[PDB]
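Here we have a structure that includes temsavir.
Below, read A as the first sequence line, B as the second, and so on, with proteins coming before strands; counting in each chain starts at 1. Start at 1 and go down the list; that is how both ligands and their atoms are numbered. Both backbone and side-chain heavy atoms feed into the values below; hydrogens, waters and symmetry mates do not. Lab note: partial entry displayed, contacts enumerated inside displayed portion only.
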Amino acid sequence: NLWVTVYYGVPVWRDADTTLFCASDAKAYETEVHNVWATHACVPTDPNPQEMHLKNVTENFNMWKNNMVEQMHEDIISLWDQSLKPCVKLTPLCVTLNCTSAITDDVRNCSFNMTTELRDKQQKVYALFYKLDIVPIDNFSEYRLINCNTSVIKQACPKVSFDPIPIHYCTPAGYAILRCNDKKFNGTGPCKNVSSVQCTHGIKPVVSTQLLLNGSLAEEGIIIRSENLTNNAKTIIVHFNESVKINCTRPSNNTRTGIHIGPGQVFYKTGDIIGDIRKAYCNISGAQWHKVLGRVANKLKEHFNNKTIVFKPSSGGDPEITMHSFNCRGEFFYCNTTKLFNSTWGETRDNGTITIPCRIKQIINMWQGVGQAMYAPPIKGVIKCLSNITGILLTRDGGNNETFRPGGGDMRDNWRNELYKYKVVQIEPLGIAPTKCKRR
Amino acid sequence: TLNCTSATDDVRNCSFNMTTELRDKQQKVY
Amino acid sequence: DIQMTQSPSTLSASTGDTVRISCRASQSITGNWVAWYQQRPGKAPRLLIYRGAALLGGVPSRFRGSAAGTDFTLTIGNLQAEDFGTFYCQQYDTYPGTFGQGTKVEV
Amino acid sequence: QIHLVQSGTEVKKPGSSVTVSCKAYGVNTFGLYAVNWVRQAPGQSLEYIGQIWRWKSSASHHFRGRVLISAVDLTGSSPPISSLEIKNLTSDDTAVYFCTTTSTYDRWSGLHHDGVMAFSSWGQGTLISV
Amino acid sequence: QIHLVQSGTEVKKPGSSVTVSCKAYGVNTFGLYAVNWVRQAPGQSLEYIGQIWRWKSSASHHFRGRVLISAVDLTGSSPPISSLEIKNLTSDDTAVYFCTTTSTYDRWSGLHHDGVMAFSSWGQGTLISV
Amino acid sequence: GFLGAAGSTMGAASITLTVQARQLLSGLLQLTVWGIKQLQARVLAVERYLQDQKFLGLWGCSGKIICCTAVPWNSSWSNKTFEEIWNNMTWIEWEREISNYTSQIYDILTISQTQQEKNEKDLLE
Amino acid sequence: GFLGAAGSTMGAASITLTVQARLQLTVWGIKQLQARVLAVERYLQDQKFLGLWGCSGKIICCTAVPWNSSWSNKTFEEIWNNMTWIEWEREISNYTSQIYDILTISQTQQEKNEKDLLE
Amino acid sequence: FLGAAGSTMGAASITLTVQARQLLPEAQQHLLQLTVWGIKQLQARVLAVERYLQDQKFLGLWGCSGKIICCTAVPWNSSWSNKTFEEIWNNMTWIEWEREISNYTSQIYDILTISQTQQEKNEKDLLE
Ligand SMILES: *[C@@H]1O[C@H](CO)[C@@H](O[C@@H]2O[C@H](CO)[C@@H](O[C@@H]3O[C@H](CO[C@H]4O[C@H](CO[C@H]5O[C@H](CO)[C@@H](O)[C@H](O)[C@@H]5O[C@H]5O[C@H](CO)[C@@H](O)[C@H](O)[C@@H]5O)[C@@H](O)[C@H](O[C@H]5O[C@H](CO)[C@@H](O)[C@H](O)[C@@H]5O)[C@@H]4O)[C@@H](O)[C@H](O[C@H]4O[C@H](CO)[C@@H](O)[C@H](O)[C@@H]4O[C@H]4O[C@H](CO)[C@@H](O)[C@H](O)[C@@H]4O[C@H]4O[C@H](CO)[C@@H](O)[C@H](O)[C@@H]4O)[C@@H]3O)[C@H](O)[C@H]2NC(C)=O)[C@H](O)[C@H]1NC(C)=O
Ligand SMILES: *[C@@H]1O[C@H](CO)[C@@H](O[C@@H]2O[C@H](CO)[C@@H](O[C@@H]3O[C@H](CO[C@H]4O[C@H](CO[C@H]5O[C@H](CO)[C@@H](O)[C@H](O)[C@@H]5O[C@H]5O[C@H](CO)[C@@H](O)[C@H](O)[C@@H]5O)[C@@H](O)[C@H](O)[C@@H]4O)[C@@H](O)[C@H](O[C@H]4O[C@H](CO)[C@@H](O)[C@H](O)[C@@H]4O[C@H]4O[C@H](CO)[C@@H](O)[C@H](O)[C@@H]4O[C@H]4O[C@H](CO)[C@@H](O)[C@H](O)[C@@H]4O)[C@@H]3O)[C@H](O)[C@H]2NC(C)=O)[C@H](O)[C@H]1NC(C)=O
Ligand SMILES: *[C@@H]1O[C@H](CO)[C@@H](O[C@@H]2O[C@H](CO)[C@@H](O[C@@H]3O[C@H](CO[C@H]4O[C@H](CO)[C@@H](O)[C@H](O)[C@@H]4O)[C@@H](O)[C@H](O[C@H]4O[C@H](CO)[C@@H](O)[C@H](O)[C@@H]4O[C@H]4O[C@H](CO)[C@@H](O)[C@H](O)[C@@H]4O)[C@@H]3O)[C@H](O)[C@H]2NC(C)=O)[C@H](O)[C@H]1NC(C)=O
Ligand SMILES: *[C@@H]1O[C@H](CO)[C@@H](O[C@@H]2O[C@H](CO)[C@@H](O[C@@H]3O[C@H](CO[C@H]4O[C@H](CO)[C@@H](O)[C@H](O)[C@@H]4O)[C@@H](O)[C@H](O[C@H]4O[C@H](CO)[C@@H](O)[C@H](O)[C@@H]4O[C@H]4O[C@H](CO)[C@@H](O)[C@H](O)[C@@H]4O)[C@@H]3O)[C@H](O)[C@H]2NC(C)=O)[C@H](O)[C@H]1NC(C)=O
Ligand SMILES: *[C@@H]1O[C@H](CO)[C@@H](O[C@@H]2O[C@H](CO)[C@@H](O[C@@H]3O[C@H](CO)[C@@H](O)[C@H](O)[C@@H]3O)[C@H](O)[C@H]2NC(C)=O)[C@H](O)[C@H]1NC(C)=O
Ligand SMILES: COc1cnc(-n2cnc(C)n2)c2[nH]cc(C(=O)C(=O)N3CCN(C(=O)c4ccccc4)CC3)c12
Ligand SMILES: *[C@@H]1O[C@H](CO)[C@@H](O)[C@H](O)[C@H]1NC(C)=O
Ligand SMILES: *[C@@H]1O[C@H](CO)[C@@H](O)[C@H](O)[C@H]1NC(C)=O
Ligand SMILES: *[C@@H]1O[C@H](CO)[C@@H](O)[C@H](O)[C@H]1NC(C)=O
Ligand SMILES: *[C@@H]1O[C@H](CO)[C@@H](O)[C@H](O)[C@H]1NC(C)=O
Ligand SMILES: *[C@@H]1O[C@H](CO)[C@@H](O)[C@H](O)[C@H]1NC(C)=O
Ligand SMILES: *[C@@H]1O[C@H](CO)[C@@H](O)[C@H](O)[C@H]1NC(C)=O
Ligand SMILES: *[C@@H]1O[C@H](CO)[C@@H](O)[C@H](O)[C@H]1NC(C)=O
Ligand SMILES: *[C@@H]1O[C@H](CO)[C@@H](O)[C@H](O)[C@H]1NC(C)=O
Ligand SMILES: *[C@@H]1O[C@H](CO)[C@@H](O)[C@H](O)[C@H]1NC(C)=O
Ligand SMILES: *[C@@H]1O[C@H](CO)[C@@H](O)[C@H](O)[C@H]1NC(C)=O
Ligand SMILES: *[C@@H]1O[C@H](CO)[C@@H](O)[C@H](O)[C@H]1NC(C)=O
Ligand SMILES: *[C@@H]1O[C@H](CO)[C@@H](O)[C@H](O)[C@H]1NC(C)=O
Ligand SMILES: *[C@@H]1O[C@H](CO)[C@@H](O)[C@H](O)[C@H]1NC(C)=O
Ligand SMILES: *[C@@H]1O[C@H](CO)[C@@H](O)[C@H](O)[C@H]1NC(C)=O
């Protein structure tokens, strides 16, 4: 005769959704310079990790239903908003800018009237404005800033540093995170080597548009991950075994000068370039792009019926979708990517370093399509940044060849490569079994 | 100030000046 | 391996009358692993109840199931013309899956 | 949504082979799904043949050594496809056939149990007579 | 605030009947409050005659059958009113009388216990002599 | 609360049940984005432990890993014998099998504990 | 805490106690957070007392403290047969602190004596 | 609560009855606000709750379950300490002792857990 017996601590789990907090590395803040990401607030500092290898257990993983990616998108949108709430409103400067109009520079020098510290008086100021920000309104023709009909602009506070640093997402007691640990893990399917991990590996919050930078490379081969390999409206994310290196610089040094637009408010304007006027560029090695591009073509061949693969330059859109976009050191850039993504594999082998032109811009708009926007203040020194590209985002063209065009930016797709292997599963400790003992 | 036609929930059709998105130029709104 | 039988084998009923079709298994399905089907004439069967008494989405609520040991039953209250057809009873407990003999309900 | 379509009808003679293939519009992949082959009978109850579950083919004890099962999931142009082949065809094979799928993403739902599962979405069926 | 007022003095004779009514100002309802009747003989100690609590009337065994207690609550024009009528009057009935009120909204205050109470507010008096 | 040793059957895992407790310790004033998440996380853990300990306490086990309860086994809840329950069925599989009779089991355990409590007072007089 | 059976005499209700039981900031969200802490906090408080006296999870806990008639004067039958629980707890509401202290001291004294027996 | 901490271990052990007795409070008033003072109380509540829950969590795993004097059948290894009962309980305070043996608290906790779970397993065998 069996009798009911109760156990605490049995190995059982069910899927779940929870608030996962941020934990960061030992270094406080970011070496004492405040970040947009507020890493200093989020520092339940990371202790040595414990990982247990679940043995003989198989789990099913789908990466397009993960709630971990959805939480991150919201947290990053919010951290930027809290950072720019104290900063100056640039509403005084939505006035007619009379700029001199007519190799060529993008500067377009302009003149406008602006409010002084005393409310009654006014001043006339001159600033160098990139052609990308200013839109013609219909010598010395009138112009206006791009976001004067759809958005309120707020200057970035000068000291905050947009340096992306690793953020680890950790789970409260009673919940666990599970990592797939399987080579060439297609993202969606049954997974055999699951391990129980307390907190995610560091993810750099870097947002980029056509090429994924400073990411983590895949373990054994190039992997194509997409939500519906049949739809032409779903982006294809490619992950690379090995990295290609891109170095980007703005060669000509400029000056920043500050104008007082109100009581206590300063707008920093770009100044005349000392030294030689020069154009920004990004250097990618010719041999390396071609080898890695060649491998992406073979993988695309397998899932696409062995047709020839034609890569073409991006068709149209706002500047972000058409051009590679990234922040080098507080300065957003929008480089031309046609030389990189113009070829037919199924194969240019030119091996000379490829230099792609870059045009910078200063008024940046929220990707969601919401009304608000930001202005990024000028950076005084020459800027150089070195980076590794670990992925491409490509989207297929409308129905003997398939044409793939470079892809734009949904902030989420940047991190899907990073969080494909994690699932939060709740642990239910209690259990009842039939045993032979019998005594209350 | 609203310049509303008078003796001309009724409506009293009105005229006033308003600020365009540009901080200098102004419009007339009915 | 296991065998299942369903009775009443053929039934007659009018609109607005409760129907009591029962299912019996040779073994004791204590895990409540039983499913119910209802196919219209010349049509593929459709799942209606799984795990004894669980309803699928987009299905009329008049279908109800009861499960207790060996006796599995399905109750159709306030019958309509759309719900006539052939009903089935299957076990998902042990390999291979098995199906009920097959019962038809007619006007 | 989910929709299943199989091949057409065939009329053949004993000592031959015939295959029917189902094309599922709505199944993202067969890794977290499963295909169950069920053969209806001319007047009798439905029967079970075999399945592909985590790309592990199997068949019932009454069809072992004859029926073969294979499947290919999402491609560039085609949806997932699963196929059944009848070898050494006989008079007893004169019945309709169905290809069926049930979801396997959550263990706790109750639509599956240790590989023996229900049949959620049913195809139209292909009458085959010999 | 709370204030009680009663009738004036009366000089009666045996075999008659007299009534004393107290009107309470500041008492919202007699449902929450309770009304207790006490008579003080000159020199001698105070005594308990009767009460109306939750609209139920009662009197002490000694005074039962000779005393009537009635009450009416708020009326746009008047405050809540309670009345006592002595019947079959005798010489021993010569005393001042008081009408009192105690809060009984909450049972954890200690002023009332099961219908026996400590009278918080005491009226002025209505001397009756015969 | 353990993860790991989930693949093994009851007979293997139960021996290491001791180990689950054994090896290890076992088991904000800011309105920033990270700070509020931390507040919610703290409450979630405390609340969960207390719910689990409240459920354990009512049956009178009182914070012990293996608890014997004087409740006879009902053949409606299950059929399999001790060997084929404890030799080839994992804990997740079993808890999925008997997920329709957890509420009744809990109620029976609570009623049995209350009855045992009442029967004790009588002995003491 | 079973409301219901609150108008019955102590003896009857005692028999029927068979079973005991069973972020964002917005106007609603803060209220929900406060409601959670209130419950956790409350449960812990009764448990802290019970455990100090040695009860530890028993609905009915027997204690060695004797009854002093300066707390009550009535007999067992008067107290149990005709007094409801809200009447008795109001009737002895002046001697709860002393009772709590006496049970705590008695539990500690029993706790100390056992160590002596074990040597 | 702390008090009379200067006495030796033996002197303060017989006064542990006073420490336990007399309610061994503030911040219990519900506010539901987000002012400067409204958040500090909200955090203090959680701090107290977590501290008490952690302490009672550690206590329970060794089979004490809310008793002040918890006896355990774990032998004393001389590596943790040399001194005898008199030298421990006659001329040493609790702070002194807990600072002396602060390198062997984790091992002591682990050994107590092993002993409790092994004793728990032994009983099930006897019952069958
Ligand atoms: C919210 O909504 C609620 C529901 O709608 C509402 O609740 C109701 O409120 C109203 C008030 O607005 C309540 O109505 C009042 O109730 C009073 C209580 O009456 C009870 O008690 C008397 C007396 O009881 C003794 O006598 C009887 C009969 O002899 C015995 O059977 C008793 O056991 C008891 O005897 C014991 O006690 C004696 C001492 O008093 C001892 O001597 C004795 O030995 C015993 O120990 C009863 O008569 C009443 O019974 C009534 O009901 C029964 C059925 O159950 C009937 O059979 C019976 O005939 C009665 O109808 C009851 O038990 C009433 O006294 C009060 O009556 C006055 O008002 C009405 C009009 O409403 C008049 O018609 C009536 O004449 C009374 O007026 C007198 O008093 C006022 C006060 O100032 C005077 O101004 C007035 O002039 C008059 O005085 C004159 O006549 C007197 C003779 O009566 C005389 O003595 C005077 O000297 C003077 O000449 C009234 O009806 C009602 O009960 C509530 N109901 C409920 C369910 O709650 C609530 O108000 C609402 N809230 C708000 C804010 O609105
Ligand atoms: C994300 O990333 C993951 C990780 O990489 C990726 O996962 C991979 O997905 C692949 C699919 O894309 C998947 O590959 C398929 O695997 C299928 C399973 O193969 C196993 O089983 C078969 C059959 O097993 C039978 O038979 C053998 C030998 O007879 C026997 O030994 C077995 O025991 C078993 O017999 C049992 O059952 C019998 C009945 O079935 C019974 O009779 C027996 O008695 C016994 O009981 C084995 O042969 C295999 O070796 C495997 O063990 C596999 O079937 C499938 O093959 C098809 O595709 C190949 C190309 O990839 C072709 O080369 C092959 O011929 C198959 O193509 C046939 O089927 C399609 C379907 O329509 C048809 O269109 C074709 O024309 C062709 O049909 C023709 O030939 C067949 C005969 O073969 C005839 O019957 C037809 O009539 C036609 O004439 C795939 O190979 C891979 O396993 C999986 N990897 C992992 C690790 O999971 C995932 O896909 C990625 N996701 C995305 C979206 O990209
Ligand atoms: C990834 O993305 C791709 C592309 O978007 C997607 O593939 C498409 O999926 C949809 C389903 O969401 C498919 O639409 C269904 O297709 C079937 C099959 O039709 C075939 O045959 C016709 C005629 O020859 C062809 O034109 C067609 O292209 C197919 O080859 C249709 O039968 C379905 O019809 C239903 O929709 C009708 C409205 O259009 C409704 O009237 C009705 O609901 C139809 O279903 C009804 O049919 C039963 C009879 O059979 C009837 O009795 C029932 O009442 C039932 O309601 C439907 O149009 C589309 O074909 C797919 N296209 C391709 C190229 O694959 C993938 O699904 C997607 N993957 C994921 C995981 O989301
Ligand atoms: C609902 O709303 C109504 C209307 O607002 C309210 O009724 C009124 O209540 C107030 C109390 O809040 C009553 O004021 C008291 O009335 C009594 C009775 O006065 C009567 O007699 C006089 C003289 O003949 C008339 O003028 C009057 O109209 C009444 O007929 C007064 O005696 C009270 O006097 C106190 O106030 C004096 C200042 O005016 C102070 O000098 C002193 O505090 C008085 O109290 C003193 O009296 C004792 C002697 O008895 C003395 O020894 C003490 O020292 C004590 O201090 C007071 O004015 C008012 O009359 C009510 N009016 C009506 C029409 O009813 C209800 O109360 C309210 N209900 C609720 C539940 O809130
Ligand atoms: C054994 O337990 C399982 C899960 O606890 C039971 O399954 C559940 O059955 C109920 C029956 O009322 C389902 O509720 C219904 O859900 C449908 C879904 O559309 C809804 O439309 C109905 O109105 C009703 O709410 C519930 O969904 C279902 N749970 C799951 C996860 O499927 C099962 O019934 C139990 N076995 C027996 C024999 O009772
Ligand atoms: C810059 O866009 C905002 C502008 N302004 C605000 N504002 C907050 N308060 C107010 C008044 N505006 C914003 N809040 C959230 C914002 C975002 O998260 C957001 O969309 N991205 C931030 C991350 N990223 C970039 O770095 C970026 C990177 C490479 C190339 C081009 C742009 C993508 C877009 C946001
Ligand atoms: C700018 O302000 C000055 C006042 O000093 C005024 O003379 C001038 O006309 C203004 N500019 C324009 C374009 O009106
Ligand atoms: C633009 O040019 C001048 C600057 O020389 C500016 O002050 C004026 O507002 C504009 N004049 C026109 C109409 O060209
Ligand atoms: C899973 O990964 C671990 C470590 O990466 C490895 O030891 C183990 O062999 C892997 N599992 C399988 C089935 O290969
Ligand atoms: C990816 O890189 C590794 C080494 O980094 C190499 O062994 C492998 O062959 C590469 N992938 C392919 C598909 O060649
Ligand atoms: C470039 O310009 C900046 C700003 O004037 C200056 O600080 C820096 O020294 C310049 N660099 C060189 C190499 O002249
Ligand atoms: C980019 O910089 C690295 C390190 O400075 C260098 O090795 C690499 O060659 C550079 N890229 C090109 C295309 O020269
Ligand atoms: C690419 O650059 C990143 C920048 O931190 C570095 O971490 C990574 O190791 C580099 N990759 C290789 C292959 O060196
Ligand atoms: C259920 O238990 C009974 C014993 O009462 C036994 O005869 C029967 O075979 C069992 N059924 C199964 C499926 O084990
Ligand atoms: C589990 O049960 C099956 C049949 O009941 C039996 O063949 C198998 O041996 C059992 N598992 C083990 C590990 O013995
Ligand atoms: C009654 O006994 C208690 C303890 O048993 C004591 O504290 C109290 O003082 C005693 N009462 C009297 C009046 O002695
Ligand atoms: C109340 O206590 C006194 C002495 O303290 C005792 O004489 C009396 O009998 C008690 N009351 C009853 C009803 O027994
Ligand atoms: C309790 O006392 C009241 C009044 O003192 C009485 O009416 C009641 O009958 C008593 N209880 C019992 C059970 O007799
Ligand atoms: C001391 O003895 C215990 C046995 O009670 C043992 O577990 C521990 O490892 C020993 N200490 C050392 C340092 O070996
Ligand atoms: C503590 O130890 C020393 C050893 O030198 C001893 O002399 C002293 O008396 C001890 N303390 C007490 C209070 O006895």
Exercise. Counting duplicates, which parts of the structure are temsavir?
Worked result: ligand 6
Problem set entry | Name in the PDB entry of main chain bound to temsavir | CRF01_AE T/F100 HIV-1 gp120
For this session: Identify all other chains that place a heavy atom less than 4.0 Å from temsavir.
Result: A
For this session: State the binding site of temsavir (non-hydrogen atoms, cut-off 4.0 Å).
Result: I77(A), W80(A), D81(A), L84(A), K154(A), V207(A), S325(A), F332(A), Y334(A), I364(A), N365(A), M366(A), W367(A), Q372(A), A373(A), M374(A)
